[PDB]
Protein chains: 2
Amino acid sequence: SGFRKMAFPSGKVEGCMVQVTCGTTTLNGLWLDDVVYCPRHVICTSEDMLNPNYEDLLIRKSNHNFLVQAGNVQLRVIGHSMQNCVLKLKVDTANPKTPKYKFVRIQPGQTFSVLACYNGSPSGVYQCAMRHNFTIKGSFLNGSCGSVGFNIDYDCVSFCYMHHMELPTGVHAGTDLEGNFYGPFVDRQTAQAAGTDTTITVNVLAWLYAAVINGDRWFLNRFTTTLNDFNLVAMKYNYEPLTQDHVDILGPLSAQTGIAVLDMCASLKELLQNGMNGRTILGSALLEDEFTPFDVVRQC
Amino acid sequence: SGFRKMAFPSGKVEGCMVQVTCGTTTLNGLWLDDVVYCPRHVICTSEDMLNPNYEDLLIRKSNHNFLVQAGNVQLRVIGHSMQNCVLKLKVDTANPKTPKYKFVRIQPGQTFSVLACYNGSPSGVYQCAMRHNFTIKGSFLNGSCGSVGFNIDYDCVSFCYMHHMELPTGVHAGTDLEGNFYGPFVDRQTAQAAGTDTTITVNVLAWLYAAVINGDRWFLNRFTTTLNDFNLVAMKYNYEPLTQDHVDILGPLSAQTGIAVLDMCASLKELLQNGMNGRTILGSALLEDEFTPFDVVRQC
Ligand SMILES: Cc1ccc(NC(=O)c2ccc(CN3CCN(C)CC3)cc2)cc1Nc1nc(-c2cccnc2)cs1
Ligand SMILES: Cc1ccc(NC(=O)c2ccc(CN3CCN(C)CC3)cc2)cc1Nc1nc(-c2cccnc2)cs1
């Protein structure tokens, strides 16, 4: 019993974190086989934060300009190249702790675990969702760039996020491990702001099903609605429209609890219109949207 | 920026988890040097859940009755003994991944990270607080017994919790690693229930300070109260009384934000009497009490 925000065990990723220093700039890098991946703005200079041209900056760099440390063991850089917004540093030693891994790009609504790192050293782990405006609401201080986000499948680490920057509203933006930013953001100091965000409806419903599995039942009712009439009220409260594929994904949860997905939609409709009236659901007083249906099935 | 529920990197503990099997009962054990620690009810039989005498059960056991697996590597048990409610199994191999560690017992209000394990295999990590009634609100399914809770200090793992059982209300009870239960619970199936719980006041205040550090300021006000008059309203809402030592611990946070602790108490008083009126604090619609002052300082 119980339902908690839960992250993946981080040991397989801890073994890959290193420190990358260029000049007087230090951030974290990810060491897999004989390549270190890190954000390219580690080569940025003070008088270049305006309109930096990273191709120019990198052509003016040599291998000895990059200092890489794995613990108290300096790694010798023997090649460098740029892969969109990430830098690839070829080193003379393959990481013996390299796990089976994949580079994957996630979608809005999907979750992953973040290993927050400072100076190549892991300090904490937490769970995050990619929002609809391609930001994440993380916890990141100065020096955290290069921290990575990941999912684990059996023994395989699917790397999906590298941290690059913080936006004015305090949310966070980054890239996949191929260097392609999530969302319309660039790695230079401009007036870029996040677009408007929406509530992830399929995740809220999954979370309601986790509530029922854990004995919270006060929000249920005898009403049932159509998918169409549910989406009408969803738009009014800035929720994502529900699709048939979203109903299918909720199938297993619906079967386990004996509660039809559209029955649970009818409950969510009433929660939006009347609120909670003081009561809580799984220890929360608002509707949580950062648990996928997979996260719920795994934990319950 | 940002404030998230955050756990410690779990790699140092992942390397210590093993599977302990006795008969047809399988739970998780903790392998440090040449000793495996696990809950003693792994020796329980079906016709003994009433009034089991564990001394009797263990005298009737031999070393070959305990099957210990570290991955796909069977560990040879060469000695056993009971340490209150935990079993100590001496094995013929010292764990080469054994970190620097301590056995410590925590207090109500203090937090720790839980590595949830099934069959000797870590599946997720989350943060927990010891409540005032010595339960934790964890996330634990059948087979999770022997999962451990821990804090990390630099390079040292302070083990503070081993999971033993789930109570009827769905909260969880366990022991320190010396086998002494937290709270008035025993490891046999009776009608034991958790006592009444209280809100951890010093943690709520720490969390309000984290809000201010993260730009949430709408709950502040120009009022200031005495410690005595604050405790009067705290008792009325089932909050723990605040002490001077609790004010001292909040010193650093008070200095960083320029907000006097008793000023923040005056804000908390108004939140209890009027509520939040729809607004949220750090993405929550209730007052969170599972962040210690240390947890806040570490993350902000
Ligand atoms: C997107 C981006 C673009 C360029 C930079 N780099 C700089 O601003 C910068 C880099 C290096 C220097 C120092 N110079 C270069 C070294 N040395 C020669 C001296 C001068 C001065 C400024 C950082 C970022 N990303 C950042 N993310 C954060 C951040 C803060 C808190 C939480 N999460 C992310 C701060 S900056
Ligand atoms: C406190 C306690 C006391 C005794 C036991 N053990 C049993 O009930 C039990 C143990 C073994 C058997 C099987 N027998 C022994 C082996 N074999 C000979 C066949 C018969 C049958 C029952 C478990 C516990 N603890 C438990 N915690 C949970 C639990 C569930 C979900 C989440 N967190 C904890 C279930 S049981």
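Note: chain IDs run A, B, ... matching the order in which the sequence lines appear. Chain A is numbered as in the PDB entry; the shown residues are, in order, 1-300. Residues 1-300, in that order, are what chain B shows, numbered as in the PDB entry. Whatever order the structure lists ligands and atoms in, that order sets their numbers, starting from 1.
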Could you help me figure out which of loperamide, masitinib, trametinib, aprepitant is at ligand 1?
masitinib
Identify the macromolecule bound to masitinib (ligand 1) in this structure with the most contacts, using its name in UniProt.
3C-like proteinase nsp5
Just wondering, which other chains does a 4.0 Å heavy-atom cut-off pick up around masitinib (ligand 1)?
A
At a 4.0 Å heavy-atom threshold, which residues contact masitinib (ligand 1)?
A/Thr24, A/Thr25, A/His41, A/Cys44, A/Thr45, A/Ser46, A/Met49, A/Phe140, A/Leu141, A/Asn142, A/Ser144, A/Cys145, A/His163, A/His164, A/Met165, A/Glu166, A/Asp187, A/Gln189
For A/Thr24, take its heavy atoms, then give the atoms of masitinib (ligand 1) lying under 4.0 Å from any of them.
16 (C), 17 (N), 19 (C)
What atoms in masitinib (ligand 1) come closer than 4.0 Å to a heavy atom of A/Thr45?
14 (N), 15 (C)
Which organism is chain A attributed to in the entry?
Severe acute respiratory syndrome coronavirus 2
Per-atom contacts, masitinib (ligand 1) versus A/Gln189 - under 4.0 Å to a heavy atom
1 (C), 2 (C), 3 (C), 8 (O)
Just wondering: what's the UniProt domain of chain A where most contacts with masitinib (ligand 1) are?
Peptidase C30
Just which atoms of masitinib (ligand 1) are under 4.0 Å from any heavy atom in A/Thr25?
10 (C), 11 (C), 12 (C), 13 (C), 15 (C), 16 (C)
Numbering the atoms of masitinib (ligand 1) from 1, which are under 4.0 Å from a heavy atom of A/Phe140?
31 (C), 32 (C), 33 (N)
If we only count N/O pairs under 3.5 Å, is A/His172 in contact with masitinib (ligand 1)?
no
Any N or O of A/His163 closer than 3.5 Å to N or O of masitinib (ligand 1):
yes
Please identify which atoms of masitinib (ligand 1) are closer than 4.0 Å to at least one heavy atom of A/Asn142.
30 (C), 31 (C)
